[PDB]
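Quick notes on the structure that follows.
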4 protein chains.
Amino acid sequence: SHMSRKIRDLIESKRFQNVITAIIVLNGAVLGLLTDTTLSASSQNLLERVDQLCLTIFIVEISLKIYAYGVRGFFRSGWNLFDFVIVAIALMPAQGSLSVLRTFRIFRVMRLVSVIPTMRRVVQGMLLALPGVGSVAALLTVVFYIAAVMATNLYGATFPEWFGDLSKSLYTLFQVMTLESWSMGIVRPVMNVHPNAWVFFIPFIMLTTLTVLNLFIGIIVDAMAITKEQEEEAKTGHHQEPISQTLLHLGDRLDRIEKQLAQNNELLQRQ
Amino acid sequence: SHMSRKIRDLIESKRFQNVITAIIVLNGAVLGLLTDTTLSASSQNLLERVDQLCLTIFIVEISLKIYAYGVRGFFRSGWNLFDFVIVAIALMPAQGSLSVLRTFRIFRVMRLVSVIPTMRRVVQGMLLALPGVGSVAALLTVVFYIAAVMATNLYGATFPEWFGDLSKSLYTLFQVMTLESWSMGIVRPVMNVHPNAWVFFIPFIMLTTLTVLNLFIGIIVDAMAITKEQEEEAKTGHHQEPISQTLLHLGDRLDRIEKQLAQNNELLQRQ
Amino acid sequence: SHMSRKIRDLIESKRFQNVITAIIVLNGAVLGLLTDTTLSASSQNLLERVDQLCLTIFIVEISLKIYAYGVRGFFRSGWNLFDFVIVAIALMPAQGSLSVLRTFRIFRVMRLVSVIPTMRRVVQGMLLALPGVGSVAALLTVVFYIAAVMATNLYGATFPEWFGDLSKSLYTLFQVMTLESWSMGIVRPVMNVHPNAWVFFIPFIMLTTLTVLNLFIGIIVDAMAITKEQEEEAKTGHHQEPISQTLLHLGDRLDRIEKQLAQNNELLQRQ
Amino acid sequence: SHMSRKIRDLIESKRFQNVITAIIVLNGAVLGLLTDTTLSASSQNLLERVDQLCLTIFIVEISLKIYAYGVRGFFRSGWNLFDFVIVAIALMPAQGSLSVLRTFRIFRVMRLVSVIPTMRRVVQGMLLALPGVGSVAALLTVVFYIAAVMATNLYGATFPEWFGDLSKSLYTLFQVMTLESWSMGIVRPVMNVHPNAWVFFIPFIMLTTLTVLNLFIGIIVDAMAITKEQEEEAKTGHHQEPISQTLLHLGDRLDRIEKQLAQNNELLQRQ
Ligand SMILES: CC/C(=C(\c1ccc(O)cc1)c1ccc(OCCN(C)C)cc1)c1ccccc1
Ligand SMILES: CC/C(=C(\c1ccc(O)cc1)c1ccc(OCCN(C)C)cc1)c1ccccc1
Ligand SMILES: CC/C(=C(\c1ccc(O)cc1)c1ccc(OCCN(C)C)cc1)c1ccccc1
Ligand SMILES: CC/C(=C(\c1ccc(O)cc1)c1ccc(OCCN(C)C)cc1)c1ccccc1
Ligand SMILES: CC/C(=C(\c1ccc(O)cc1)c1ccc(OCCN(C)C)cc1)c1ccccc1
Ligand SMILES: CC/C(=C(\c1ccc(O)cc1)c1ccc(OCCN(C)C)cc1)c1ccccc1
Ligand SMILES: CC/C(=C(\c1ccc(O)cc1)c1ccc(OCCN(C)C)cc1)c1ccccc1
Ligand SMILES: CC/C(=C(\c1ccc(O)cc1)c1ccc(OCCN(C)C)cc1)c1ccccc1
Ligand SMILES: CCCCCCCCCC(=O)N(CCO)C[C@@H](O)[C@@H](O)[C@@H](O)[C@@H](O)CO
Ligand SMILES: CCCCCCCCCC(=O)N(CCO)C[C@@H](O)[C@@H](O)[C@@H](O)[C@@H](O)CO
Ligand SMILES: CCCCCCCCCC(=O)N(CCO)C[C@@H](O)[C@@H](O)[C@@H](O)[C@@H](O)CO
Ligand SMILES: CCCCCCCCCC(=O)N(CCO)C[C@@H](O)[C@@H](O)[C@@H](O)[C@@H](O)CO
Ligand code: NA
Ligand code: NA
Ligand code: NA
C-alpha cells in the first residue's frame, strides 16, 4: 500500500535511527540514575515516567515496522525479533520462567547494538564465528567435567568449601583456570594435606589455558574474516569466496596456470 | 566373511555412534552422582550397576570392532588403541605401576572425543601440532631448570617453604610465571632479606611469559592450519600442500609465470 | 626567502634531531632527580634552572619551525601541533580547565616519540588503528554500563564499598575483567550473601575478556599492517593497496587470468 | 693441514654432538644435586669433581675447535664465541665487574641451546626478531619512566614502600602492568587517601598491557617467519624473499601479468 511505502522510508531514514538511538541512550541514562537510592520520591517518579515514555516510543517503533514489513517480513530478521522480544518482555504479566524478576530493564541498552549498523556488524561477525568453535568449547566442557568429578572425589572431604560437591568444584576450577589465587589461595593449602596435588592442578592449568586461548583466538580470527568478507559482499553484491578457500586452492590455481603457460609456449615455439 | 561385513556397517552407522555417545554421557552422569556422599546405600549400589552396564556395552563394542577389523586392523588406528586401553584398564587386576588407584573411571568421558568426529579432529590437530613446538617446550624446560637451581642456591636457606629444594623452586617459579601473587606473595617478602631479588625474578617473568605465549600461539596457529588442511584432504581425496609451502614459494611461482609471459610476448611481437 | 631555506635544512639535519633528543633526555633526567625530596636547596635550584634551559631550547626550536614553515605549514602536521602544545602549555598562566596543576612537566619526555621517526611510526600505526576498533570499544563500553547498573541494583546495598554506586561498580568490574582477586576478594564474599552471584560474574568475565582480547588483537594486527604499508609507500612513493583488499580480490584475479589463458589457448589450438 | 681435516669431521659428527650434549646434561644434573645441603662431605667432593671433569671436556672441545677452524674462523660464529665465554669464564681469576660471584655455573646448561641445532634455530629466530621490536620496547620504556616520575611525585610521600623513590615506583608499576594485586593490594589502598588515583592507574594498565602484548605478538610472529624463511634458505641454498615483501608486492605482480595477458590477447585476436 501507499501507507506502507513512506513509513518504510521513514524507518530506513538516518534521522529515525538517530531518534531511536537518542531514546535508547536516554532510557539507559534514566535507569542508571534510578540506581541511586538517596533520590527524592518525586525524582524517582519523574525518571520512572521518562522510562515509560521511552518504552512507549519503542512500542510505536516496533508496531510501525510490523505493519510496514508484515509479520513474516519483520520476523524474517533475527535482529528485529531480538528488538521485538526486548520491548514485548517489558509488558509480560508475571511470565512463567525460572528466574527472580525483570528489573533488568537495562538490557534495553543492548538495543544500541541492533540499531547502530557498525556495532550490529561486530556482534554479527562474533555470533557467526560461534558454531565453528563448538568442538573446542565442548572439549573445554569435557575437561572441566572430568576435572570437577576428580577434584570432588580427591579433595571434597578435606576441602569442602572449594571441592565439597560438583558445583563447588566447577566454580574453583574456573577460578584456577583464570589463575586467580590458584596457588597461594587454593593449591598450597591443598598440598599441606595432599602433597602431590600439583600433579592434578598444574596439568589442569596447562590444558585449560591453552584450550581457552584456542577458543578465543578461534573466535577473534573468524569474526575478523567473516566481517571483512561480509563488507565486501555488501559493497559489490557478489558472493565473497572465504579466505581459507582462496589459501587452500592458491597452490592448485598457480600450477594450473603454470602448465597452461607451458602448453601455450609449446604451440608458440613450433608454428 | 559375511558376519564381518554387516557388523562393520553397523559399527560405521550414525545410530551406533549415537548409542555409544549416549552410554558415555550416561556413565559420566552416574560417576558424577557417585561424588555425592550423602546418597543412600541402595542409590550407590544402583548407580554402581549402571556403571557396570555401561562398561559391559563398551566390552561388546570393542570386541565387535576387533572381530570386524582384525587385531592388526583395529590396532592400526591410534584412536581405537586409546578406546581399547580406556575399557581394558577397568578390568586390570592390581596393575603394577607408580600411582595410587584407578578410581579415575571418569577418564571414560574422554571417549566423547574419540567417538565424536568433530571433536576427534580438534584433538587430532592439537596432537599433530605438538612435535613442531618441541624445541620451544625444551627451551622453556631449560630456563626453568637453570632458574630452579639458581633460586634454590640463592633463596632456599632464607625461604625454605618456597625455595628449600629443587621441587619447591620449580613449583614457585611456575606460580611466578603464571603471575599469581608473584610480587605481594613471593618477591616483596624475598626482597626484604635479598634487596636485589628483582634482578632475578623480573627477567625470569619477561623470558618465561614470552616463551609460554610463543609455545601456545605456535600450537594454536599450527592446529588451526593442520585441521583446515586435513578437512580439504578428506573432501577432495588429494594431498593438500601445507600453507607455509604455498607462501614460501609464492614469490618464485609468480616471477616464473611473469618470465614465461614475457617470452610468449617476445615470440608474439616478432612473427 | 633565503633565511627560511637554510633553517629548514638545519631543522631537517640528523645532528639537529640528535641535539633536540639529547635535550629531551636531559630534561627527563633532571625531572626524575627532582622526585628525590632529600636533595639540598642548591641542588633543587640547579636542576630547576636546567629545566628552564631545556624549555627555552624548545621555544627556540618551535619558533625556528613556525618561521621556516609558516603558521599554516607548521600546524598542517599533527606531530608539530603536539610538539607546540607540549612546550606552549609550560608558559600557560593559570589555564582554566578541570584538573589540579601542571606539575606533569614529565609529559615533555613524550617528545622522544615525535622527534625519533622509528618511534613516530609505531605510535602513528597504533593511532591509525584506533578508528577501526571503535565499534568493539563501544560494545565493551555498553557491556560495562549494563553490568554496572545491574551490579549496583543487585549488590550495592549489601556490598557498598564495591557496588554502592555506578562509579564504584565500574571500578570493581574493571578489576573483575583484569581477573584481579575476582573470586577470593570479590565473588566468594558476595556469594556468601547472594549464592547465585556466579551467574552474573562468570558470564561477565567470559564476555569482557573475549571482547578486550578482540579489541587488543584488532589494534595490534592493524597497526602492524598499516606500518608495513606506510613504509612501502615511503620507499617507492606509490600508494600501497591494503593487504585486506589484496586478499579479498586474490580469488577474482586468479580466475580472470585462468579464463584469459584458456581463451588465448583456444585461439592458439585453431589457427 | 691433515690434522685439522679429520678433527673438523669429528667435531661435525652426530656422536660428538651427542657426547657433548650428554656431558652438558651430566654437569647440569650434578649442579642440581649440589643444591641439596643435607649431602655428606664425600658426596659433595665427588659431584664437585664430576663438575671439574665436565668442565675439562669443554676445554678440550673448544681448543679442538679453535685449532680446526682458526682464531678468526671460530670467533666468526656468535654461537662459538658464546660457547667460548661460558667455558672461559669458569677459569676467570677474580674477574673485575659489578656483581657478587660466579656460582652461576648452571648457566653451562644454556649450552644445550648452542649444541642442539633444533634449539639453536628457535633462539636464533627470537634473537633476530629483537631489533625489529626496538621501537615498541623503547615506547614501553618511555611510558614506564613518565609514569614512575608521576607516581613518585603523586604518591611517594603517602605510600613510601610502593612509590617512595623512582626504583620503588618502577617495581610497583611493573607489578601493576602484570595485574598482580593491582587493585586489592595497591590502588584501593591508594584511593583511600587519593580518591582519583584510578585516573592514573586504569589508563596506565590499558596502555602498558596493549604495548606489552604488541611487543610479544611482534616478537612471536617475526621469530616464526624468520625461522620458516631460514629453513627454506638452508634446504634450497637460495635466498628466501621475506613474506612481507611477497604480500606487499602481490597486488603489483598480479595486475602486471593481467596486463601482459591482455596485450598477448590483443596481438592474438588480430593476426
Ligand atoms: C566463512 C568463514 C568460516 C570459517 C573461517 C573464518 C576465517 C578464516 O580465516 C578461515 C575460515 C571457518 C572455517 C572452518 C571452521 O570449522 C569449524 C569446525 N566445526 C566442525 C567445529 C569454522 C569456521 C566459516 C564459518 C561458518 C561455517 C563455515 C565456515
Ligand atoms: C596460517 C594461516 C591461517 C589459517 C589458514 C591455514 C591454511 C589455509 O590453507 C588457510 C588458512 C587459518 C585461518 C582460520 C582458521 O579458522 C578456523 C578456526 N576454528 C577454530 C574455528 C583456520 C586456519 C591462520 C591461523 C591462525 C591465525 C591466523 C591465520
Ligand atoms: C604441515 C603443518 C606443519 C607446520 C605448519 C603448520 C601451520 C602453518 O601455518 C605453517 C606450518 C609446521 C611447520 C614447521 C614446524 O617446524 C618445527 C620445528 N621443529 C624442529 C621443532 C612445525 C610445524 C608441520 C607439522 C608437522 C611436521 C611438519 C610440518
Ligand atoms: C606471517 C605468516 C605466518 C607464517 C609464515 C611466514 C612465512 C612464510 O613463508 C609462511 C608462513 C607462519 C605460520 C606458521 C608457522 O608455524 C611454525 C610454528 N612453530 C612454532 C611450530 C610459522 C610461520 C604466521 C606467523 C604467525 C602467526 C600466523 C601466521
Ligand atoms: C588500511 C588498513 C585498514 C584496515 C586493515 C588493517 C590491517 C589488515 O590486515 C586489514 C585491514 C582495517 C580494515 C577494516 C576496518 O574496519 C573497521 C570497522 N569500523 C566500522 C568499526 C578497520 C581497519 C584501515 C584503516 C583505517 C580505515 C580503513 C581501513
Ligand atoms: C585470516 C587473515 C586475516 C584477515 C583477513 C581475512 C580475510 C581477507 O580476505 C583479508 C584479511 C584480517 C586481517 C585484519 C582484519 O582487520 C580488521 C580488524 N578490525 C577489528 C579492526 C580483519 C581480517 C587475519 C585475521 C586475524 C589475524 C590476522 C589475520
Ligand atoms: C625478514 C624478517 C623481518 C621482518 C618480518 C618478519 C615476519 C613477517 O611476517 C614480516 C616481516 C620485519 C619487518 C619489519 C620490521 O620493522 C621494524 C621497525 N624498526 C624500525 C623498529 C621488523 C621485522 C625483518 C627482520 C630484521 C630486519 C628487517 C626485516
Ligand atoms: C595481515 C598480515 C600481517 C602482516 C602483513 C601485512 C601487510 C603486508 O603487506 C604484509 C604482511 C604483518 C606481518 C608481520 C609484521 O611484522 C612487523 C612486526 N613488528 C612489530 C616487528 C607486520 C605485518 C600480520 C599481522 C599480524 C599478525 C600476523 C600477520
Ligand atoms: C566453564 C566452567 C563453568 C563453571 C560454573 C560453576 C557453577 C557452579 C557454582 C554454583 O552454582 N555454586 C552454588 C551456589 O552457591 C557453587 C559456588 O557458589 C561454590 O563453588 C562456592 O562459591 C561456595 O558457594 C561454597 O564455598
Ligand atoms: C614447567 C614447570 C613444572 C613445575 C613442576 C613442579 C613440581 C614440584 C612440586 C612437588 O613435587 N613438590 C613436592 C610435593 O609436595 C613441591 C611443592 O609441593 C612445594 O614446592 C610446595 O608447594 C610445598 O610442598 C612446600 O612449601
Ligand atoms: C572501561 C571501564 C572503566 C571504569 C572506570 C571506573 C571509574 C570509577 C572510579 C571512581 O571514579 N570512583 C570514585 C573516586 O573514589 C570509584 C572508585 O574509587 C570506587 O569504586 C572505589 O575504589 C572506592 O572509592 C570505594 O570503595
Ligand atoms: C620495565 C620495568 C622495569 C622495572 C624495574 C624495577 C627496578 C627497581 C627495583 C629496585 O632496584 N629496587 C631497590 C632494591 O630493593 C626497588 C624495589 O626493591 C622496591 O620497589 C620495593 O620492592 C622495596 O624494596 C621497597 O618497598
Ligand atoms: Na593474570
Ligand atoms: Na592475583
Ligand atoms: Na592474577
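Residue numbers start from 1 in every chain, and the chains themselves are labelled A, B, ... in the order their sequence lines are given, proteins ahead of strands. Determination method: X-ray crystallography, 2.5 Å. Any value given below was found using the heavy atoms of this structure, including those in side chains, with hydrogens, waters and symmetry copies removed. Counting starts at 1 for both ligands and their atoms, in listed order.
- The compound at ligand 7 is the drug or drug candidate 4-hydroxytamoxifen.
- Most-contacted chain for 4-hydroxytamoxifen (ligand 7) in this structure, per the PDB entry: Ion transport protein.
- Taking 4.0 Å as the heavy-atom limit, the other chains contacting 4-hydroxytamoxifen (ligand 7) are C, D.
- Less than 4.0 angstrom separates some heavy atom of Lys228(C) from each of these atoms of 4-hydroxytamoxifen (ligand 7): 13 (C), 14 (C).
- Contacts with 4-hydroxytamoxifen (ligand 7) closer than 4.0 Å are made by no heavy atom of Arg121(C), backbone or side chain.
- The contact set between 4-hydroxytamoxifen (ligand 7) and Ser244(D), taken as ligand atoms under 4.0 Å from a residue heavy atom, comprises 10 (C), 11 (C).
- For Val136(D), no heavy-atom contact with 4-hydroxytamoxifen (ligand 7) is shorter than 4.0 Å.
- Shortest contact from atom 9 (O) of 4-hydroxytamoxifen (ligand 7) to any protein heavy atom: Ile243(D) CG2, 3.4 Å.
- Neighbouring residues of 4-hydroxytamoxifen (ligand 7) under 4.0 Å (non-hydrogen atoms) are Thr118(C), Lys228(C), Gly132(D), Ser135(D), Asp222(D), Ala225(D), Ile226(D), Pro242(D), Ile243(D), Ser244(D).
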